[PDB]
Enquirer: 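This is the structure I have questions about; it appears just below.
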Amino acid sequence: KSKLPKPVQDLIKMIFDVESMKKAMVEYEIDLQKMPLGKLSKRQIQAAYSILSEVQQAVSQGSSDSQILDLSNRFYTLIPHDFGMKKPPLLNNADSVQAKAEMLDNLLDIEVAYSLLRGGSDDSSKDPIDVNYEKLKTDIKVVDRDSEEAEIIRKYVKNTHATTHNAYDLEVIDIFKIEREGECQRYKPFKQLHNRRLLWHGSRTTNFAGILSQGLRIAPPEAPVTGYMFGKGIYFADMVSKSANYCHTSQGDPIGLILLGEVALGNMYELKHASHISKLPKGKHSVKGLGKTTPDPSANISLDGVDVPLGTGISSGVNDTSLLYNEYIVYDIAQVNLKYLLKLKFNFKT
Ligand SMILES: CNC(=O)c1ccc(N2CCN(Cc3ccc4nc(C)c(=O)[nH]c4c3F)CC2)c(F)n1
């Protein structure tokens, strides 16, 4: 049996759960008989993205529902759905392409998780928790409850939960200090860049085996750039509740996972509305989606020379913006250095 700390053991079990991976596929209405977890491949996912891009071209160029029908069916051919003998819903709008682009992104992390678990060696004498921990190539340590870093992290959670996200409260169960193999060396050209912030990135439990082994990744080139508000980058938030909404927890599964990453923002390209960009303008290193609300800038604290925006939510002064809260997007995977992973219990008020 494993010598790993009990919170680390429970984390590994959580993220390598096969039935959670299956429950996530069922949520997307995928036919598991026509295509199980083991049939999932990058090749198929990329072909599905490419057809979604063709659907996107047909919708933006204003094709008829009779004309797009052919392209909508082509997607359902690559990613089988569970509708029985009924006709699938027509993908004739941007919301539909956005929803399908989002599902595919998630399937890309699920495929990594299942590949990791089904790859490798079988040894009965070794605890499967120890076996599955090594697959991640990440040093995972438990942060001491009474430490300074734990106090700062708990204040960030406590102070940046938005009023509009009050249908639930957050309880920090565990704090993990994480170190992905090779990530620190990848980050080096951006290590002393200006505008380095410790930001949130929430995701489903089924994404975290992929996130810890491959890191936060940008949607592939086949993916429709219009399926994402600020194009194809890595999205972060300064409001814990904005990111915790990406955990997709419920009364039937109230345990979520959220990251704290050091993001080299550099010169921010400030936007109030959707801009489906492929490349940043010269001199810019990130995109900042300007929210109506911002954590109080005079309340910013420093944790290992990185700015921590743990202030309470105040008005930014920004008018006529499409965002309630800020968002930060980087278009180079090297600009992210994962620092912490938090296990949270969501206490629903509904
Ligand atoms: C070659 N590419 C890959 O292998 C690959 C693997 C996974 C990918 N996804 C998984 C779904 N995820 C969803 C998502 C989106 C936005 C979020 N914005 C905030 C503030 C937050 O807090 N969370 C968010 C969020 F979770 C995005 C990244 C991906 F795009 N690509």
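Using the numbering of the PDB entry, the residues shown for chain A are 662-1011, in order. Counting convention: from 1, in listed order, for ligands and their atoms alike. Computed from heavy atoms alone, side chains included, the values below leave out hydrogens, waters and symmetry copies. The way this entry was determined, per its header, is X-ray crystallography, 1.8 Å.
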Enquirer: What's the chief binding partner of ligand 1 here? Just the name from UniProt is fine.
Expert: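 By the greatest number of contacts, it's Poly [ADP-ribose] polymerase 1, processed C-terminus.
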Enquirer: I'm curious - which drug did they put at ligand 1?
Expert: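 That would be AZD9574.
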Enquirer: When you measure from atom 9 (N) of AZD9574 (ligand 1) to every protein heavy atom, which one gives the shortest distance, and what is it?
Expert: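 Minimum-distance protein heavy atom for atom 9 (N) of AZD9574 (ligand 1) reads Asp766 CB, 3.6 Å.
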Enquirer: So for AZD9574 (ligand 1), is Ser904 a polar contact partner (N or O within less than 3.5 Å, distance only)?
Expert: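 The answer is yes, given that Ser904 and AZD9574 (ligand 1) share an N or O pair closer than 3.5 Å.
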Enquirer: Please write down residue, atom name and distance for the protein heavy atom closest to atom 28 (C) of AZD9574 (ligand 1).
Expert: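 Sorting protein heavy atoms by distance from atom 28 (C) of AZD9574 (ligand 1) puts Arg878 O, 4.0 Å first.
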Enquirer: Measuring to protein heavy atoms, does anything land under 4.0 Å from atom 12 (N) of AZD9574 (ligand 1)?
Expert: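 No, there is no protein heavy atom closer to it than 4.0 Å.
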Enquirer: Which option out of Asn906, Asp770, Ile771 puts a heavy atom nearest to atom 6 (C) of AZD9574 (ligand 1)?
Expert: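 Checking each option, the heavy atom nearest atom 6 (C) of AZD9574 (ligand 1) is found in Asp770.
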Enquirer: How far is atom 23 (N) of AZD9574 (ligand 1) from the closest protein heavy atom, and which atom is that?
Expert: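 Here the nearest protein heavy atom works out to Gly863 O, 2.8 Å.
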Enquirer: Quick check on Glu988 - does any of its heavy atoms sit under 4.0 Å from an atom of AZD9574 (ligand 1)?
Expert: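 Distance cut 4.0 Å: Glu988 fails for AZD9574 (ligand 1).
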Enquirer: Measuring heavy atom to heavy atom, which UniProt active-site residue of chain A lies nearest AZD9574 (ligand 1), and how far away, to 1 Å?
Expert: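 Going by UniProt active-site residues and heavy atoms, it's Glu988, 5 Å.
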Enquirer: Ignoring angles and geometry beyond distance, decide whether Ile879 reaches within less than 3.5 Å of AZD9574 (ligand 1) through its nitrogen or oxygen atoms.
Expert: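 Yes, at least one N or O pair falls under 3.5 Å.
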Enquirer: Report the UniProt NAD(+) binders of chain A that come within 4.0 Å of AZD9574 (ligand 1), using heavy atoms.
Expert: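 Going by heavy atoms, UniProt's NAD(+) residues within reach: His862, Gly863, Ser864, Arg878, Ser904.
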Enquirer: Which of the numbered atoms in AZD9574 (ligand 1) are under 4.0 angstrom from any heavy atom belonging to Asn868?
Expert: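 By the 4.0 Å cutoff, the relevant atoms are 10 (C), 11 (C).
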Enquirer: Which residue owns the protein heavy atom closest to atom 30 (F) of AZD9574 (ligand 1), what's the atom, and how far is it?
Expert: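 Protein heavy atom with the smallest distance to atom 30 (F) of AZD9574 (ligand 1): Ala880 N, 3.3 Å.
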Enquirer: Kindly identify the option in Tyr986, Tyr896, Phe897 whose heavy atom sits closest to atom 18 (N) of AZD9574 (ligand 1).
Expert: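 Selected option, by shortest heavy-atom distance: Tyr896.
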Enquirer: Give me the residue, atom name and distance of the protein heavy atom closest to atom 15 (C) of AZD9574 (ligand 1).
Expert: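 Looking only at protein heavy atoms, the one closest to atom 15 (C) of AZD9574 (ligand 1) is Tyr907 CE2, 4.0 Å.
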Enquirer: Looking at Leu769, which atoms of AZD9574 (ligand 1) are within less than 4.0 Å of one of its heavy atoms?
Expert: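 Checking each atom against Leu769, I get 2 (N), 3 (C), 4 (O), 5 (C), 6 (C).
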Enquirer: Any idea which UniProt domain of chain A makes up most of the interface with AZD9574 (ligand 1)?
Expert: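 The UniProt domain in question is PARP catalytic.
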Enquirer: Counting from 1, what AZD9574 (ligand 1) atoms have a heavy atom of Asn767 closer than 4.0 Å?
Expert: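 Answer, ordered by atom number: 11 (C).
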Enquirer: Name every other-chain residue that has a non-hydrogen atom under 4.0 Å from AZD9574 (ligand 1).
Expert: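 By heavy-atom distance, those residues are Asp766, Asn767, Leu769, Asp770, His862, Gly863, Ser864, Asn868, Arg878, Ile879, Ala880, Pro881, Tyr896, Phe897, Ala898, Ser904, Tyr907.
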